[PDB]
Number of protein chains: 2
Amino acid sequence: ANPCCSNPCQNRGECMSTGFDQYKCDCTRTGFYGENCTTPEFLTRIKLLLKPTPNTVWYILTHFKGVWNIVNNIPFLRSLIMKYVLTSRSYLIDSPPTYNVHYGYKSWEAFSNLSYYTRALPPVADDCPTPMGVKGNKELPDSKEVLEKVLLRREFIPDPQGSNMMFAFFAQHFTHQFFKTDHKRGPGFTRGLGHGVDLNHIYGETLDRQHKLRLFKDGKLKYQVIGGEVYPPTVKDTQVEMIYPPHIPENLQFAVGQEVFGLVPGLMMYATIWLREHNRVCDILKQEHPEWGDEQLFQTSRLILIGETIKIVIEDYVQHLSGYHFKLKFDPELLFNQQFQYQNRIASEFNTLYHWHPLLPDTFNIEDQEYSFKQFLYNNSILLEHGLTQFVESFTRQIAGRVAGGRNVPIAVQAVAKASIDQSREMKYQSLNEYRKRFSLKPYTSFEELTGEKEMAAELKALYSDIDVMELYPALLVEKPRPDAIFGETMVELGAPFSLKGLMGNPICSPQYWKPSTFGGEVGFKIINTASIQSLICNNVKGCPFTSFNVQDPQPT
Amino acid sequence: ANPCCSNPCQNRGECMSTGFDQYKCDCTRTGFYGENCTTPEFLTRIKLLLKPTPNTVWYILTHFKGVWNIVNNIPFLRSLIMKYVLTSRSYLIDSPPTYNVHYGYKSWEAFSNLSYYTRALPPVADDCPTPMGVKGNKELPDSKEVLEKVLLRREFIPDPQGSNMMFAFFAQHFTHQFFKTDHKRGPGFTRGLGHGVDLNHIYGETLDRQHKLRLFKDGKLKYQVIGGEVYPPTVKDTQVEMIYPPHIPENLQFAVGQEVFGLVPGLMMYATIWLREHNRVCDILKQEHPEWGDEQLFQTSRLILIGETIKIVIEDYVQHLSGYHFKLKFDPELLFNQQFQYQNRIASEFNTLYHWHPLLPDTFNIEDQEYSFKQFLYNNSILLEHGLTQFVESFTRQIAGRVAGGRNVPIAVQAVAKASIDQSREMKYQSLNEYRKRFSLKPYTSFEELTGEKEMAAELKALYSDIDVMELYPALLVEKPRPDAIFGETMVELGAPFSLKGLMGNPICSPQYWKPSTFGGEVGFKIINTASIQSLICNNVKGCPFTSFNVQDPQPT
Ligand SMILES: *[C@@H]1O[C@H](CO)[C@@H](O[C@@H]2O[C@H](CO)[C@@H](O)[C@H](O)[C@H]2NC(C)=O)[C@H](O)[C@H]1NC(C)=O
Ligand SMILES: *[C@@H]1O[C@H](CO)[C@@H](O[C@@H]2O[C@H](CO)[C@@H](O)[C@H](O)[C@H]2NC(C)=O)[C@H](O)[C@H]1NC(C)=O
Ligand SMILES: CCCCCCCCO[C@@H]1O[C@H](CO)[C@@H](O)[C@H](O)[C@H]1O
Ligand SMILES: CCCCCCCCO[C@@H]1O[C@H](CO)[C@@H](O)[C@H](O)[C@H]1O
Ligand SMILES: CC(C)Cc1ccc([C@H](C)C(=O)O)cc1
Ligand SMILES: CC(C)Cc1ccc([C@H](C)C(=O)O)cc1
Ligand SMILES: *[C@@H]1O[C@H](CO)[C@@H](O)[C@H](O)[C@H]1NC(C)=O
Ligand SMILES: *[C@@H]1O[C@H](CO)[C@@H](O)[C@H](O)[C@H]1NC(C)=O
Ligand SMILES: *[C@@H]1O[C@H](CO)[C@@H](O)[C@H](O)[C@H]1NC(C)=O
Ligand SMILES: *[C@@H]1O[C@H](CO)[C@@H](O)[C@H](O)[C@H]1NC(C)=O
């Protein structure tokens, strides 16, 4: 019924119904005009000729290693490139946010209600004939069939880029601070009202939980020492709510910021490292400021760890994931003379695309043990038996799975993967090609162009019939990967805007915050600007073991 | 004890303790360097020579009426001036926000906790020797004595600018949507978690209250008709919580967005006008979109009324209050090529300076009745007896009191005025001269320079001894007014940054929102861009009576 169901407006023009069977497109500041915003302005069709494809840019960034070695050592030139990366990626994100799962039009409810995930594309209206608007059949293909035919893993497919379990668990630990779906309300709702990197997974979402976790001395968090090494406090000693099965011992009920981090020993590893890091910074600050009280010590340390996190995510995590030879840079100063909104709202589509289930291996290998999913889940005693040093040594060398390419979702989590498909449909996501156009990509003209092969493409065409009906999430997992890469084109061109915007949109990156006094002086400031994934492990893990997000990296001496 | 108690850092440099008896100033991006950020950079002392005083600028803006008539009719030039007004005023406001009543340093608690009012200046630390830091005596002078000697009204002093009760009640109705002090927690806390113009005083702070107020037909709010004219629904028919004394009839318990708007018939007048305006816009939208449902009709109308409000506040309310001959302009487009944060946090100091108690008259005059404060309070039957048309006619011609100048606070509200002084001290406000320097003003060297006279200045010197100890709020009320103006220098130079930032920092002013489709097409968009205080009354009050914020304005025909 709704005349906008066909998604007629192009180039980010907004569709509005003007009667029962008529629409109008708002082409304001899109660079286009005409009934569907498809006729380019003069300056627009000029930029369209010069603009290189995402695959062309990707090639240049992952080749010519010698040239980039020159660029990386020219500070003014490195700053210029990184500045363009930040601004060009951010422009794809609406800030202030607009639509959500219940609003295909802008409203004050959609803007102010922080319990929603925001939406990069408005949901398909309820009164549309087909799930994707007007194209395709009345029902989408069986999610169970899609899962079994192109998604399930027959044999483990390793990541060509060499991403290890240090990476996989960092990814899950880091993103679980702003990907906290409120399942009481629905998949379109969140419990992370910070909508970004506030480190609530360390300090707790609410003030009540924060105070239960704090020691109220030297600004430190509560802790216990087992075998000479520091671990999170117990549920008994703190009274914070954690999710543990009833058969778990009292001593092993670790209490951390996020309540689900007891699920995996891999998550509790990072929970422990950051806990040590917080208290480490506390003592350093107390050294500089013997006149400070507990409160200022805690708060300043939290700001520093926020800085450390963004520093690490950009210059180590994203750096590895990008595969670029260009040396990325965390420098808030780069945006001081640019137009940029220091705010961010977590998009539902960001949550969906980050469901990197193929990352998980068949077993978790520590020392000479091959723990299964059954053995690994909720077993914190594994962490105490081996210790963090052993965990780092083992996980640095265990490779993770290839996300794109298809048929690599471990069967142990097939229910979670199916849920990602169903909830995607429940939230009325638009098609893959609609999201590709949203992020300046050419739509796929066939299933073969999508997968880059024949066998999986044929299975999908039998299920979907039309390429313009193909769903976003399963496409991301079956998409033809870039040569020797972990991702396809769609994952990067969608993920990058969300990711970089969420990191730089933090208030500590704003000019009024980004100064030494905010972080307790030059010493505290330097902790942020020199932070790295290696230094984090080196300072907080026994023996200062070698670590990296890449199994391919040689360990010296 | 705290080495920063003396407020040593100048020009918005940040003070940090570096030991028990030492401090360091962060002069980053202040334009100054040196131990106290007082030594100008070369480019800084150049700008300092060219920059005219606030009083010089005020003179030029309130004189040369013939020249401004020329400027006002040159669109490109009018746009250029207004752009400079917006950007220069906004630069004085920290966005993202920083300090609050409990944090003299930046912290994540101060940033994320929306229940606080933010602070333009950090509070005086608890362990300081004197209330204002180091200067003055151990105790501030008796608030009751300050109130009676320089604040209380001996005889009504009318506003020279001619502000009427249409103005006074608009001011109280408008600002009560973001000045909602949570007295359960303290004076430093708020219930308006929108921190701006969200019109929660019309639609309710929470979704539950919003739904009780809505009709769920045509996007309209609930209403009743009495004597042919429309009024808000009752508490009985809606079950929303209103604050009424137990002796008020059932029919007279009007239910509106803000729960305290039953207090004054003047407030309920504007509550009624905006209620009619919402439903008026609903029908206009339904005309354009017969295919729209109740929800989209309500939401779009709310966005339009938000636009109308900001339009009216800038081009009528602030226009009158400023006394400028320059024709101000609400145009979000002016900031599209500028650096500006579309967000805002309500400052506690904004709340304090807006306590314009001298505005209130001795009696409220409607027709030939002279209602007292006792008779006027909670008496909605006054509103029904006379009607809105009568209210507008009478209030347009009744003059309000002069805010600055001193000795004009009505004795009926002396308790509220005293509370403003006490709570100001409780929240550990810094001195007047510290706030003047914060907003680029020269400190007052004596009490006589402050008041511009001798009698009140002498009374203050006996109470405070030092001019650098004079408090902010009582200074604002006794300050020497500009010639024939309602305010002194401090009220304008503090109020203007807060005010303009709060209006333009709204998300509907952002590029992604500011387009016809957001407001239901060109028709809805035009409602905003043509809105005025006269057209608001004309469209929603019987007979389309003449109205204005100035008693001096002649009524035609
Ligand atoms: C934000 O949106 C959610 C979802 O609509 C609101 O939660 C609803 O609240 C009403 C009553 O206020 C309940 O009857 C519904 O069951 C809730 N829905 C869901 C899905 O939980 C919420 O009230 C809105 N406002 C705020 C401030 O969160
Ligand atoms: C925001 O700040 C307020 C004030 O500190 C917090 O309210 C306190 O909450 C604790 C428990 O959470 C109570 O014991 C205190 O009595 C409260 N203080 C006041 C003054 O009301 C609030 O919890 C903070 N966090 C949020 C999310 O609002
Ligand atoms: C080659 C010099 C460094 C360029 C770094 C830019 C990397 C990200 O650039 C991206 O390019 C895409 C394709 O052009 C665009 O669609 C995106 O908007 C842009 O962010
Ligand atoms: C004369 C041409 C129009 C100028 C309009 C500027 C009005 C507000 O200008 C104000 O001037 C003050 C004193 O210089 C400054 O302290 C403020 O930062 C600035 O906002
Ligand atoms: C896909 C996303 C989650 C990770 C990612 C990968 C690459 C980049 C680079 C810096 C880019 O913006 O091109 C950013 C973020
Ligand atoms: C004092 C404040 C509450 C009202 C006010 C008065 C004047 C102005 C002008 C536009 C200015 O910025 O100079 C803005 C706001
Ligand atoms: C706009 O799109 C509609 C359907 O999406 C199509 O019928 C129409 O021809 C298009 N208009 C132009 C000018 O291309
Ligand atoms: C947890 O691991 C320990 C070895 O550290 C093992 O003995 C135990 O059986 C495991 N628990 C489960 C439920 O697999
Ligand atoms: C800075 O201020 C302190 C006290 O406020 C004063 O003693 C000192 O001399 C000042 N330093 C300079 C360089 O003016
Ligand atoms: C309210 O006003 C009416 C006149 O409209 C008057 O009769 C009544 O006494 C007033 N009530 C109070 C409490 O003053």
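Lettering follows sequence order; numbering is per chain, from 1. Whatever order the structure lists them in is the order used to number ligands and atoms, beginning at 1. Method of determination (from the header): X-ray crystallography, 2.8 Å.
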Okay, next thing: the drug at ligand 5, what is it?
ibuprofen
Which chain forms the largest contact interface with ibuprofen (ligand 5) when counted as heavy-atom pairs under 4.5 Å, and how does the PDB entry name it?
Prostaglandin G/H synthase 2
What are the letters of the other chains with a heavy atom below 4.0 Å from ibuprofen (ligand 5)?
A
Which UniProt active-site residue in chain A ranks closest to ibuprofen (ligand 5) by heavy-atom distance, and what is that distance to the nearest 1 Å?
A:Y354, 4 Å
Heavy-atom proximity to ibuprofen (ligand 5) under 4.0 Å: UniProt substrate-binding residues of chain A
A:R89, A:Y324
Contacts of ibuprofen (ligand 5) at 4.0 Å, non-hydrogen
A:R89, A:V318, A:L321, A:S322, A:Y324, A:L328, A:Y354, A:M491, A:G495, A:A496, A:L500
